[PDB]
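So, a structure with nirmatrelvir (bound form) in it.
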Amino acid sequence: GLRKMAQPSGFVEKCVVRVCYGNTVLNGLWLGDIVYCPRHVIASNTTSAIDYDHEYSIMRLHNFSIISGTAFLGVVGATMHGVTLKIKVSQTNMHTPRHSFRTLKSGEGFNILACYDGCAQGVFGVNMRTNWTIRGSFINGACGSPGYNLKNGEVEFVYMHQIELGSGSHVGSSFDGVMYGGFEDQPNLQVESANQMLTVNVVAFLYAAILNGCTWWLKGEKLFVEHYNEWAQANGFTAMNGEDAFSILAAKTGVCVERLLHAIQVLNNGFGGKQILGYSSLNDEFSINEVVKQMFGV
Amino acid sequence: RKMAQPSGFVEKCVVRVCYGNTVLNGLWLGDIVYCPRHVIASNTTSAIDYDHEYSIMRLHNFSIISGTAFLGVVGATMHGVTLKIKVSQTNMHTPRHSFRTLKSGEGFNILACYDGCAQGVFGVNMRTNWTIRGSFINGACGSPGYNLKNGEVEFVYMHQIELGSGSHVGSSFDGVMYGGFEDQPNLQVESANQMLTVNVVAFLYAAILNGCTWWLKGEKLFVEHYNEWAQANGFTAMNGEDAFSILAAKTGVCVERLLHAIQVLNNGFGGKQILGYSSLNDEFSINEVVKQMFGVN
Ligand SMILES: CC(C)(C)[C@H](NC(=O)C(F)(F)F)C(=O)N1C[C@H]2[C@@H]([C@H]1C(=O)N[C@H](C=N)C[C@@H]1CCNC1=O)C2(C)C
Ligand SMILES: CC(C)(C)[C@H](NC(=O)C(F)(F)F)C(=O)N1C[C@H]2[C@@H]([C@H]1C(=O)N[C@H](C=N)C[C@@H]1CCNC1=O)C2(C)C
């Protein structure tokens with residue numbers, strides 16, 4: 001089978017805190033002696049354009065309350081970096097995991113720990129879409145929820161939740177304070193670009209299908225990558241690139257990528273009542289790495 | 001969006017259980033390590049006499065590792081398709097917990113583990129044929145299924161076998177295999193899966209709450225009539241329409257109008273989608289819909 005999994009959340013859970021300032025509560029991430037959180041926690045009035053330089057100049061540190069579980073942390077300073085605050089606290093988080101910070105590229109997979117009131121409530125794997133939004137399930141109080149990847153025994157922190165667009169899509173920032181997609185932490189209408197289906201992931205999905213004995217859709221005709229990309233630009237798919245990355249899957253199956261590109265074109269019109277590993281339509285949720293990991297443990 | 005509950009409380013309980021050449025996962029709670037009994041079987045490609053295997057078990061063949069610490073085995077007893085291995089060490093990270101047995105259609109979380117280390121977490125439903133749609137390869141046995149409720153962990157599933165169809169079967173922690181399946185390497189076939197009607201209705205209510213209403217008509221289908229159609233078309237009966245009376249009041253749409261949509265939509269969406277799906281979806285319970293959109297349990 002093929003299931004969209006999250007990487008385990010235990011290491012990240014110990015870092016989530018509640019950040020309160022004046023009349024707002026949201027979540028922060030406590031690493032070392034710093035708590036990271038969205039800067040709009042200090043905005044007194046969010047019904048019109050926020051002058052964050054002004055809000056920062058009037059910010060008073062005694063209005064913060066930072067809570068780890070049931071313990072209060074002492075706040076000693078706070079600086080603004082893009083759309084984030086780095087709040088310096090008086091104790092080191094002794095549960096800080098081995099970590100780094102990374103900025104997601106388009107299509108890259110990660111995990112969201114959905115937090116409310118400083119406490120984790122759900123965890124899920126997700127992909128950064130080409131329009132720099134994600135389909136999260138975030139409601140009131142979710143800001144500051146962290147996105148992460150586990151790699152080589154290290155936690156990479158990649159996302160801090162910030163806003164919900166009118167479409168229902170979700171936008172966050174890196175921990176550098178750069179909002180994905182250049183969206184603003186401002187209460188005005190913002191519209192995202194059209195989403196594209198991630199071709200590299202659909203291809204990985206079709207390989208997984210072959211490996212599971214689901215091959216009714218597979219045919220012998222190939223479609224060259226340059227010809228597929230001409231078709232993809234006009235039909236809402238990303239272009240194919242990095243074909244060599246599929247070598248492990250092509251070897252195990254004996255099916256070249258260009259035969260799967262041909263399949264994408266035909267199956268984009270619908271499955272006609274058939275299913276591929278349980279889906280009634282093409283699926284771009286799984287990367288090459290996830291397919292290889294779940295089928296072969298590599 | 002399909003999500004799982006956080007895994008941090010369960011992760012501290014997973015251990016590596018090795019007996020001779022076999023390695024799988026165990027669950028360390030108090031001074032007991034729970035794991036599948038086939039860890040002690042000498043040959044798992046032919047029929048297994050577990051009473052024989054238990055009578056020749058030698059405890060020095062066990063190695064149990066939590067993180068990098070070795071646990072000391074002092075006894076082991078067999079209960080159904082599980083072993084309860086008593087160790088000297090009490091797990092100081094044992095959460096408040098209970099053991100519960102899943103009902104047909106009930107949702108829960110799997111922590112997929114290998115070599116005694118968690119690798120992934122995902123939500124699943126116990127299906128009407130007592131299998132789950134998991135994703136496991138060699139070494140996954142003993143991976144635990146859990147729910148977080150009322151400040152405790154409910155442990156509900158221990159992974160055991162993969163059927164020839166790819167469906168997965170586990171046991172409760174009292175050693176009862178879900179569905180009555182055997183921990184034997186023989187051909188066993190599951191019964192036909194049914195679509196969980198209550199979950200489809202929740203999905204359609206979620207569609208209405210997101211203003212996705214192209215499919216919604218005005219005709220009502222009485223519960224008794226729907227159920228007659230469902231028994232012949234691979235759907236479960238509608239039951240407990242009262243839990244949906246909160247959403248019926250909130251949307252102004254009665255369950256009978258959704259039952260009629262299921263019957264119509266089961267023939268296909270005709271190129272349209274519902275919340276991004278091209279066919280009826282039974283993966284989301286009323287609990288999940290309400291938790292994710294309204295924040296309440
Ligand atoms: C959706 C809302 C209309 C409220 C607004 N959106 C837009 O103003 C936009 F459309 F312009 F983006 C919006 O997100 N905010 C308004 C205000 C902050 C942010 C906000 O409250 N964030 C929440 C953090 N706890 C997470 C949200 C809550 C609902 N679901 C979420 O994910 C700031 C931009 C300073
Ligand atoms: C799939 C396999 C053909 C190997 C077999 N299936 C059948 O015998 C059947 F089909 F009948 F069910 C089977 O699951 N097992 C053979 C042997 C144990 C069990 C087994 O290996 N459990 C794994 C635990 N680490 C679970 C994972 C799940 C994914 N793949 C696995 O191996 C026992 C039944 C004693």
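In what follows, chains are A, B, ... by sequence order, proteins preceding strands, each numbered from 1. Just the heavy atoms: all of them, side chains too, but no hydrogens, waters or symmetry mates, feed the values below. In each ligand, atom 1 is the first atom listed, and ligand 1 is the first ligand listed.
- The parts of the structure that belong to nirmatrelvir (bound form) are ligands 1 and 2.
- What binds nirmatrelvir (bound form, ligand 1) most in this entry is, by the naming of UniProt, 3C-like proteinase.
- In contact with nirmatrelvir (bound form, ligand 1) at heavy-atom distances under 4.0 Å, by letter: A.
- According to the PDB entry, the source organism of chain A is Human coronavirus 229E.
- Ranking the protein heavy atoms by distance from atom 22 (N) of nirmatrelvir (bound form, ligand 1) puts A:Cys143 SG, 2.9 Å first.
- Note: chain A touches nirmatrelvir (bound form, ligand 1) mostly through UniProt domain Peptidase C30.
- Here the heavy atom of the protein found nearest to atom 31 (C) of nirmatrelvir (bound form, ligand 1) is A:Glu164 CB, 3.5 Å.
- Nearest to nirmatrelvir (bound form, ligand 1) among UniProt active-site residues of chain A (least heavy-atom distance, to 1 Å) is A:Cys143, 2 Å.
- The protein heavy-atom contact nearest to atom 32 (O) of nirmatrelvir (bound form, ligand 1) is A:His161 NE2, 2.8 Å.
- Residue A:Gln162 has at least one nitrogen or oxygen atom sitting less than 3.5 Å from a nitrogen or oxygen atom of nirmatrelvir (bound form, ligand 1), judged on distance alone.
- Here's the thing with A:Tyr52: none of its N/O atoms is less than 3.5 angstrom from an N/O atom of nirmatrelvir (bound form, ligand 1).
- Residue, atom and distance of the protein heavy atom nearest to atom 17 (C) of nirmatrelvir (bound form, ligand 1) are A:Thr46 CB, 4.4 Å.
- Of the candidates A:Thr24, A:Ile139, A:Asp185, it is A:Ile139 that places a heavy atom closest to atom 29 (C) of nirmatrelvir (bound form, ligand 1).
- With a non-hydrogen cut-off of 4.0 Å, the residues around nirmatrelvir (bound form, ligand 1) amount to A:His40, A:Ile50, A:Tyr52, A:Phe138, A:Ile139, A:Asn140, A:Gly141, A:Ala142, A:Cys143, A:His161, A:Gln162, A:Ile163, A:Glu164, A:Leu165, A:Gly166, A:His170, A:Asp185, A:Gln186, A:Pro187, A:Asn188, A:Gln190.
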